[PDB]
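See structure below.
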Amino acid sequence: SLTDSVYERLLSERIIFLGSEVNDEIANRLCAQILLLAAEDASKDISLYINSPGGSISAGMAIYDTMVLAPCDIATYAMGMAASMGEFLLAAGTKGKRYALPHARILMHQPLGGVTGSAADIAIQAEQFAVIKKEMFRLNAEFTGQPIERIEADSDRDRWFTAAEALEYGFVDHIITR
Amino acid sequence: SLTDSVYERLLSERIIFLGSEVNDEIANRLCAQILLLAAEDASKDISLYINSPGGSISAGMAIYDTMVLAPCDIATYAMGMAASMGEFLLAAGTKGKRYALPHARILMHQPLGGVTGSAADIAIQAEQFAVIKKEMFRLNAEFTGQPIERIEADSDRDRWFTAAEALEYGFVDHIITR
Amino acid sequence: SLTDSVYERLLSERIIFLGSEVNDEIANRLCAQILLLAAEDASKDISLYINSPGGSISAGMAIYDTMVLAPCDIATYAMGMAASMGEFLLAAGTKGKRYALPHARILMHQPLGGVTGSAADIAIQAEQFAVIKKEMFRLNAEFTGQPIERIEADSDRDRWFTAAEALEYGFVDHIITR
Amino acid sequence: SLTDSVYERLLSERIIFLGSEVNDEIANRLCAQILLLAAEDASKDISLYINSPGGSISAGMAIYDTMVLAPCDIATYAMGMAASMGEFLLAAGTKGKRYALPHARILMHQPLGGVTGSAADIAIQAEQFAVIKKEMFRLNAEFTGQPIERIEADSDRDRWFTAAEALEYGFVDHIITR
Amino acid sequence: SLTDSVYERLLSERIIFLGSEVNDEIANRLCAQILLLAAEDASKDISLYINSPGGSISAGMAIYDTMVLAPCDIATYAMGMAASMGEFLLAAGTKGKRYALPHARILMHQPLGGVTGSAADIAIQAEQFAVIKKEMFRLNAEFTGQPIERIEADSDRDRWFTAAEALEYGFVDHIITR
Amino acid sequence: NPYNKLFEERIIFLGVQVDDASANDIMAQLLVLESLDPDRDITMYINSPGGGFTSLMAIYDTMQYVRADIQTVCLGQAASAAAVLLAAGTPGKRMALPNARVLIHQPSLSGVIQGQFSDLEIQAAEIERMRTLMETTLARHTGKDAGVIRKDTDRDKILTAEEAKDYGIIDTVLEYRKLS
Amino acid sequence: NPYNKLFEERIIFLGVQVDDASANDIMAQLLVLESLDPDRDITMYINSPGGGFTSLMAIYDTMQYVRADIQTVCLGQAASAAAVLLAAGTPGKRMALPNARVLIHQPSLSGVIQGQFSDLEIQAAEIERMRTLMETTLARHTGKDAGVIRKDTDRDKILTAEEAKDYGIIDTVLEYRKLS
Amino acid sequence: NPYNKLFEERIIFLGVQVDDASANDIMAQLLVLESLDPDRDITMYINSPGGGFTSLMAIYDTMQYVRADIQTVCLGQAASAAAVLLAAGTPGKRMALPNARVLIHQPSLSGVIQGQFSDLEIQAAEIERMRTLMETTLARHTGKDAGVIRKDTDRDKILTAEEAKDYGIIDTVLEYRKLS
Amino acid sequence: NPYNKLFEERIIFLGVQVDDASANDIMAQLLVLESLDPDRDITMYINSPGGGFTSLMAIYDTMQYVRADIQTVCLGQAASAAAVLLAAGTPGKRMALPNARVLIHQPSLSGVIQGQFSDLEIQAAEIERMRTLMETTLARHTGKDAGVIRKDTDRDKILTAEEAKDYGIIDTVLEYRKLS
Ligand SMILES: CC(C)C[C@H](NC(=O)[C@H](Cc1ccccc1)NC(=O)c1cnccn1)B(O)O
Ligand SMILES: CC(C)C[C@H](NC(=O)[C@H](Cc1ccccc1)NC(=O)c1cnccn1)B(O)O
Ligand SMILES: CC(C)C[C@H](NC(=O)[C@H](Cc1ccccc1)NC(=O)c1cnccn1)B(O)O
Ligand SMILES: CC(C)C[C@H](NC(=O)[C@H](Cc1ccccc1)NC(=O)c1cnccn1)B(O)O
Ligand SMILES: CC(C)C[C@H](NC(=O)[C@H](Cc1ccccc1)NC(=O)c1cnccn1)B(O)O
Ligand SMILES: CC(C)C[C@H](NC(=O)[C@H](Cc1ccccc1)NC(=O)c1cnccn1)B(O)O
Ligand SMILES: CC(C)C[C@H](NC(=O)[C@H](Cc1ccccc1)NC(=O)c1cnccn1)B(O)O
Ligand SMILES: CC(C)C[C@H](NC(=O)[C@H](Cc1ccccc1)NC(=O)c1cnccn1)B(O)O
Ligand SMILES: CC(C)C[C@H](NC(=O)[C@H](Cc1ccccc1)NC(=O)c1cnccn1)B(O)O
């Protein structure tokens with residue numbers, strides 16, 4: 001393809017895109033690209049550009065674990081939109097290397113899901129929703145440097161950020177302007 | 001493909017097309033192409049031809065940020081239609097290098113969206129719609145050189161422009177005629 | 001593909017086909033092919049063969065602007081059918097180089113569209129439909145050499161032409177017969 | 001593909017297939033193949049094998065015009081079925097070079113269509129249906145050598161032919177038997 | 001493709017992904033990759049990264065048998081999610097080489113299915129569901145080192161694990177942290 | 001029941017899309033009110049979007065057949081076939097409410113009908129004599145030249161009730177009676 | 001049967017989406033209550049989401065035609081056409097419940113209608129005279145300048161009943177008879 | 001017929017999803033029982049999942065309009081609008097069965113509505129005044145501060161009948177009568 | 001009419017899926033038979049597949065409210081909500097036919113409901129108190145410890161009528177009367 005050819009040429013320049021919703025297919029190819037780029041050269045930065053409406057928690061936790069366990073520093077770039085798992089992986093970049101492009105908008109909100117089945121199933125989904133929500137808020141409190149009480153309070157409904165508001169809040173470390 | 005082959009050969013000549021609605025897929029490949037062309041040669045102009053009915057604000061803000069942060073001058077070309085995000089990225093070109101082909105039509109209008117969910121969700125969507133609409137009008141006032149009061153007044157309903165009307169209004173800098 | 005391979009080999013011989021409805025996808029690849037062929041050699045003619053039921057006005061205006069601003073002479077060929085935007089781009093060829101194959105049929109008709117939304121939206125769509133219809137009739141009057149009053153009268157309903165009737169009317173300049 | 005690879009290798013041997021319904025996509029690639037083969041060598045015959053249930057009149061008139069204006073002699077081959085536009089393009093081959101394989105069946109019938117819209121639209125469609133039906137019958141009378149009164153009488157309903165009946169009627173010139 | 005190209009380059013580095021639901025298509029290509037990598041070099045470890053919501057028992061038993069009968073040590077990696085057959089194949093890795101990335105979540109639950117047909121069909125499906133459930137619990141008791149009574153008790157409903165809980169329970173052998 | 005009390009006071013209420021079943025109801029009602037009192041005027045209330053030509057000419061011929069004068073009153077809409085039925089009232093008794101809309105337009109095939117060209121030359125000759133019959137009917141009842149109506153019903157001709165009076169579709173725009 | 005006892009006490013209940021069939025029922029009910037007692041006030045209860053312009057002007061003209069005063073009472077909603085019918089009551093008799101909503105907005109095509117540009121210049125001239133007629137009607141009944149209503153019905157203008165009184169849509173916000 | 005004998009004993013049965021047609025039936029029933037005996041208490045049985053705000057405030061204003069006291073009895077559910085109608089009964093006469101559920105939650109758009117941002121600033125200002133009116137209504141009838149109800153109806157607040165009594169939605173949890 | 005003659009002999013027939021509309025019919029029937037003779041036993045025939053918890057507790061509270069004893073008779077099935085209604089009869093009067101099936105199982109969401117995790121912590125706290133209320137109700141009527149019922153309704157617990165008697169769901173398996 002052409003779109004795959006341009007992404008392949010940026011993969012040679014160690015630039016990978018999270019440009020869709022974070023489902024398991026886009027997460028596995030990003031985890032594959034991070035493992036491929038960390039094996040190719042383990043000292044150069046990987047530039048991950050986020051244009052994402054967010055997606056699955058476990059898909060983004062796969063990316064986040066692959067970002068952390070890579071010996072490379074994953075530079076993240078809020079490119080237009082970093083909503084949900086997109087803001088998470090944005091803020092999951094290497095400290096000092098989390099960037100927002102100046103008109104990117106960062107959406108922060110508690111995870112969405114769905115309860116189904118019997119009341120014993122839903123009681124276990126609810127226990128696990130409380131575990132996921134506590135862990136997502138703990139990591140956003142670790143990324144942004146905000147207290148977990150403020151992360152939980154702001155991620156009650158949708159909490160939108162501009163690039164300057166995300167810089168003050170702690171998702172990104174710089175707003176690049178050239 | 002053939003269509004991808006012709007676009008690849010114009011990508012070698014630093015000519016990229018915004019030819020669809022600006023969704024996240026077309027935005028990410030344009031952002032990939034602008035990053036690929038700015039890394040290939042950082043001093044030659046990139047010709048971005050707009051034939052677009054517009055699209056997502058955040059997708060077009062990803063393109064617009066990639067256009068601005070590229071060291072290249074992005075020459076934009078209204079090719080038939082620049083509507084919604086298509087007129088935005090048209091007017092987002094380098095000053096002096098925003099072109100309208102003589103029968104292109106430029107559609108300018110306030111952003112469209114959708115409110116959904118509870119009244120606390122919709123109140124936050126409305127605050128964010130007021131932020132997006134103010135920022136879109138601020139940048140169109142910056143691009144065209146019009147006052148933001150005129151941008152807001154003209155982008156109430158659809159506001160159509162010919163190539164000559166868009167030249168007077170400020171979206172394009174020239175109407176090329178050869 | 002094979003179909004893309006045969007079109008690629010005719011693109012090497014500077015023969016491009018408008019063979020579908022003129023939507024934005026077929027228009028952008030034709031505009032890409034005209035820009036690619038005018039950059040490859042700016043003095044040889046481009047043969048554009050029209051087998052088209054017509055399509056979008058703005059898509060065809062993108063092609064028409066790319067045909068005019070190309071330094072090449074775009075030779076057009078009515079191949080079976082040139083209806084709507086297909087007759088427009090047929091008649092938009094270089095004068096002296098607009099051809100009809102002897103059993104091509106040319107359909108000329110005012111533009112079709114759709115009004116929707118509120119009465120202030122529809123009043124602006126109607127103003128813009130009057131602008132598009134006046135501009136389409138002005139260019140067909142320029143192409144064919146007919147008065148704009150006759151163009152408007154004939155493009156009230158469908159107005160069909162044979163190759164000989166289109167030669168008398170002015171859409172094509174020759175009927176090639178070998 | 002494989003199917004495209006076998007067709008590409010027969011295109012090298014100047015054998016093209018009309019093997020589907022004659023719509024604009026299959027017509028444009030046949031017109032592309034005839035233009036490609038006539039440009040490659042303008043003196044060798046092109047073998048067009050018809051296995052077609054017929055299709056669009058204007059699509060087949062595009063093929064028929066490309067067959068006639070090619071300097072090559074288009075040898076046609078009724079291969080199994082030449083119904084509708086398939087019998088037309090079969091009989092449109094070079095005289096002396098229109099072949100039926102011995103168990104091909106040729107279906108001859110007046111064109112099908114559809115009237116729609118207002119009574120002024122339908123009155124113009126009916127005038128154009130009378131033009132298409134007169135021109136299709138004139139060319140079948142030219143191809144077969146039958147009177148146009150017999151062509152119109154036989155193409156009232158479906159008129160089926162075997163290979164031997166099509167040889168007597170005039171669609172093909174030989175029934176090859178090896 | 002690009003996604004297939006990155007997976008092919010990790011297949012050269014003996015890194016295969018279980019990144020979807022374990023159906024027969026994903027199982028056969030993993031079994032093909034394990035057979036291909038064990039034939040290529042029979043002494044280097046194969047890294048199988050699990051990002052899976054689980055899937056078919058027999059598809060995962062195909063992978064598990066291919067993992068065991070390979071002379072290579074299959075290092076497994078819980079990457080984000082190892083649920084159902086994904087936790088099974090995670091825990092089916094070589095002892096000492098079953099890894100959880102630090103924010104992977106392991107879902108353990110009894111198999112799901114469906115009874116249908118007559119009461120003699122359903123009585124045989126139920127006998128076979130008791131065989132599959134006993135064998136799945138026997139192998140999870142073998143993998144984790146837990147008693148089969150605890151495996152059966154915990155896999156009554158969904159039983160979620162963090163990476164640290166899965167390390168204590170026995171699905172993984174290490175939590176890699178770099 | 002308010003539709004019964006309309007019909008007991010000799011008011012046929014068209015109301016809906018003119019199709020077969022709507023035409024079948026009105027012809028049943030036009031002939032019963034013909035048999036109840038053939039010298040007392042039937043009133044026909046029209047709020048229809050039209051549709052149907054054989055359903056039009058079923059209602060049209062029946063309201064022309066009966067001995068009773070048909071008082072056609074347009075309520076909010078007399079479109080296509082219904083505007084022909086609106087003109088089909090007896091002269092002097094064709095009424096319209098002041099903000100009623102009269103929409104006259106040539107007959108149209110709703111949706112494509114397929115077929116051989118010999119089949120389509122007949123379906124086009126049919127809608128042509130549907131068109132001439134719509135214009136010949138509307139010329140008997142508006143006093144126009146039937147080529148004028150062909151020029152006018154070339155497109156959708158929306159008539160306000162005050163200019164459907166000038167066109168000849170109706171004879172009186174109804175004045176209000178609010179005693180106030 | 002509670003709808004019969006409304007109608008026996010001369011209360012027409014609008015209730016549903018204003019379409020043809022809803023307009024046909026009310027005009028049947030407006031004229032029967034006109035014939036039962038033309039000097040006794042018809043009450044019209046409005047809980048409608050609106051819709052329809054020819055169905056609007058069918059109900060509008062009929063409630064303006066009848067000798068009886070129309071007491072319009074908005075219950076929970078009068079949107080689009082129903083707010084015009086709410087203003088269509090006689091002055092001094094236009095009522096609304098305190099938490100009723102009045103929603104005035106310009107006419108709109110529900111869904112796209114296709115056609116040639118000559119067909120669409122007429123469908124746009126139609127909704128333009130649908131728009132001016134909606135504003136001329138709502139200016140006769142609210143006492144505004146009809147360019148003020150064009151500015152106000154440019155978008156959806158939700159009126160609370162207390163500010164539909166100030167707008168002129170209704171004349172009285174209904175006071176309760178249980179003080180809770 | 002058991003719904004007739006409820007209505008003959010002055011019991012309006014809500015029962016279904018509060019939409020327009022359900023609101024139209026109850027207002028027809030609230031006013032007939034107002035006219036039959038305005039001094040005898042109307043009982044309103046509520047087993048509704050709610051829905052609708054203009055249908056809510058149509059039922060709400062009518063049961064506040066009538067001279068008769070409204071005895072609201074929650075049967076198994078008063079979710080969304082129906083819990084507001086449950087609090088809309090007269091004080092001292094708001095009842096609930098012991099295992100009835102009261103579900104109060106802020107207004108919500110069922111499904112996305114599209115539009116320009118100027119259209120959506122008004123649809124959001126509408127659901128904001130739908131939200132304040134839901135809270136101002138539920139503060140008149142529960143005796144809370146209407147900012148407390150905003151904090152409480154931020155999410156879905158399911159109330160058991162014993163803790164809908166403490167919340168002020170109902171006044172009495174109904175005791176059983178089985179001779180036992 | 002055989003359902004009328006059941007109801008004239010004070011037999012409420014459940015019969016269908018317990019939803020809102022089925023619950024609304026029975027509460028209308030439980031209170032009419034309460035008003036006809038509050039000292040004569042209402043019989044409730046149950047052939048229902050269950051469903052609904054607020055519809056369950058609407059029927060449950062009403063059959064516990066009325067002065068009349070409720071004779072619950074299970075015909076062929078009492079599943080989910082219907083087995084709770086089957087135990088909801090008065091002690092000594094809970095009957096089942098010999099091949100009737102009693103199916104008790106914990107409450108379940110039919111289909112996924114989406115939402116934020118704060119929305120889903122409440123929908124899970126709701127089905128948890130739906131679960132405890134189903135077990136507390138079924139412990140008052142079977143004489144079990146309500147943790148025993150949690151262990152038993154962990155999955156689908158199909159009870160034959162002879163072992164629904166031992167479980168406490170019913171009190172008597174009905175003997176046949178064929179005089180043959
Ligand atoms: C990511 C955090 C910040 C919040 C949001 N997360 C979610 O809504 C997503 C919803 C989703 C998205 C795509 C596919 C499947 C499920 N959360 C989850 O993946 C999820 C939901 N429930 C349990 C476990 N994980 B965001 O992605 O919309
Ligand atoms: C460019 C602006 C000024 C004009 C138009 N913008 C929009 O309508 C775009 C297109 C769109 C995409 C998805 C859903 C709804 C709408 N709006 C947005 O992207 C959008 C909508 N709501 C919130 C944030 N962004 B156009 O691009 O369609
Ligand atoms: C060429 C003109 C004169 C006649 C016809 N034009 C149109 O109907 C086309 C409709 C169309 C066709 C294909 C895809 C999208 C839209 N015109 C337009 O594109 C159009 C319609 N309304 C406003 C602006 N442009 B023909 O192309 O079908
Ligand atoms: C060849 C002739 C004599 C007989 C048949 N051809 C036609 O009439 C074809 C069949 C067809 C194909 C595609 C879409 C619609 C209809 N008709 C036309 O192309 C057609 C129909 N009406 C006006 C102009 N052309 B056959 O090809 O099926
Ligand atoms: C893997 C074990 C631990 C638990 C779950 N297993 C299953 O549900 C899987 C997924 C599945 C596939 C097709 C049809 C039904 C179910 N079960 C089976 O493969 C399966 C096998 N035999 C009989 C019935 N189901 B998991 O994969 O969701
Ligand atoms: C003005 C008079 C003639 C009524 C007008 N006539 C029509 O356009 C109607 C619309 C219609 C209805 C049903 C099926 C197909 C088309 N024309 C016909 O009745 C019709 C029916 N069959 C063939 C041709 N025309 B109008 O559109 O109702
Ligand atoms: C304010 C008055 C004029 C009524 C308004 N006008 C209209 O848009 C309604 C259309 C409608 C709306 C909702 C549901 C069904 C139909 N009136 C019409 O029939 C109509 C038709 N064409 C153009 C404009 N309006 B309102 O939207 O009902
Ligand atoms: C006390 C009430 C207001 C709380 C809840 N309200 C709502 O969510 C309801 C549900 C609904 C119904 C119809 C269309 C859209 C949404 N909201 C509304 O009534 C509503 C209606 N139009 C716009 C905004 N909200 B509940 O569903 O009744
Ligand atoms: C045993 C008692 C509590 C009833 C049981 N509960 C349920 O699962 C049914 C599920 C259902 C049935 C029909 C339509 C919608 C939902 N009852 C409920 O309404 C319900 C709703 N949410 C959670 C739990 N139960 B049973 O499944 O009917």
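In what follows, every chain begins at residue 1, and chains take the letters A, B, ... in the order their sequences are listed. Atoms within each ligand, like the ligands themselves, are counted from 1 in listed order. Basis for what follows: all heavy atoms, side chains included, without hydrogens, waters or symmetry-related copies. Only a selected region of the deposited structure appears here, and contacts were counted within that region alone.
Looking at ligand 3, the drug there is bortezomib. Of the chains in this structure, the chief binding partner of bortezomib (ligand 3) is, as the PDB entry puts it, ATP-dependent Clp protease proteolytic subunit 1. Other chains whose heavy atoms approach bortezomib (ligand 3) within less than 4.0 Å: C, G. Considering backbone and side-chain atoms alike, C/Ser56 places an N or O below 3.5 Å from some N or O of bortezomib (ligand 3).
Looking only at heavy atoms of the protein, atom 5 (C) of bortezomib (ligand 3) is closest to C/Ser84 OG, 2.5 Å. The shortest heavy-atom distance from bortezomib (ligand 3) to a UniProt active-site residue of chain C, with that residue, is C/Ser84, 1 Å. Note on bortezomib (ligand 3): C/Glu21 sits outside its first shell, no heavy atom being nearer than 4.0 Å. Of all the heavy atoms of C/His109, the ones lying under 4.0 Å from any atom of bortezomib (ligand 3) are found in both the backbone and the side chain. The distance from bortezomib (ligand 3) to the heavy atoms of C/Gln110 drops below 4.0 Å at these ligand atoms: 3 (C), 4 (C). For bortezomib (ligand 3), the polar-atom distance check finds an N/O of C/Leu112 within less than 3.5 Å of one of the ligand's N/O atoms.
Here the protein heavy atom with the shortest distance to atom 23 (C) of bortezomib (ligand 3) is C/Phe129 CE2, 3.2 Å. The deposit refers to chain G as ATP-dependent Clp protease proteolytic subunit 2. Counting protein heavy atoms only, atom 9 (C) of bortezomib (ligand 3) is closest to C/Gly55 O, 3.2 Å. In summary, the atoms of bortezomib (ligand 3) found under 4.0 Å from a heavy atom of C/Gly54, numbered by their order in the structure, are 27 (O).
When C/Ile132, B/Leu107, C/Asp24, C/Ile57 are ranked by how near their heavy atoms come to atom 24 (C) of bortezomib (ligand 3), first place goes to C/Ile132.
Looking at bortezomib (ligand 3), you won't find any N or O of C/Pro111 less than 3.5 Å from one of its N or O atoms. Of the heavy atoms in C/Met136, only side-chain atoms (C-beta onward) come closer than 4.0 Å to bortezomib (ligand 3). Near G/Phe117, meaning under 4.0 Å from any of its heavy atoms, are these atoms of bortezomib (ligand 3): 21 (C), 22 (N), 23 (C). The set of residues with a heavy atom less than 4.0 Å from bortezomib (ligand 3) is C/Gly54, C/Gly55, C/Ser56, C/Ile57, C/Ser84, C/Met85, C/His109, C/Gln110, C/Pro111, C/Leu112, C/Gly113, C/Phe129, C/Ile132, C/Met136, G/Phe117.
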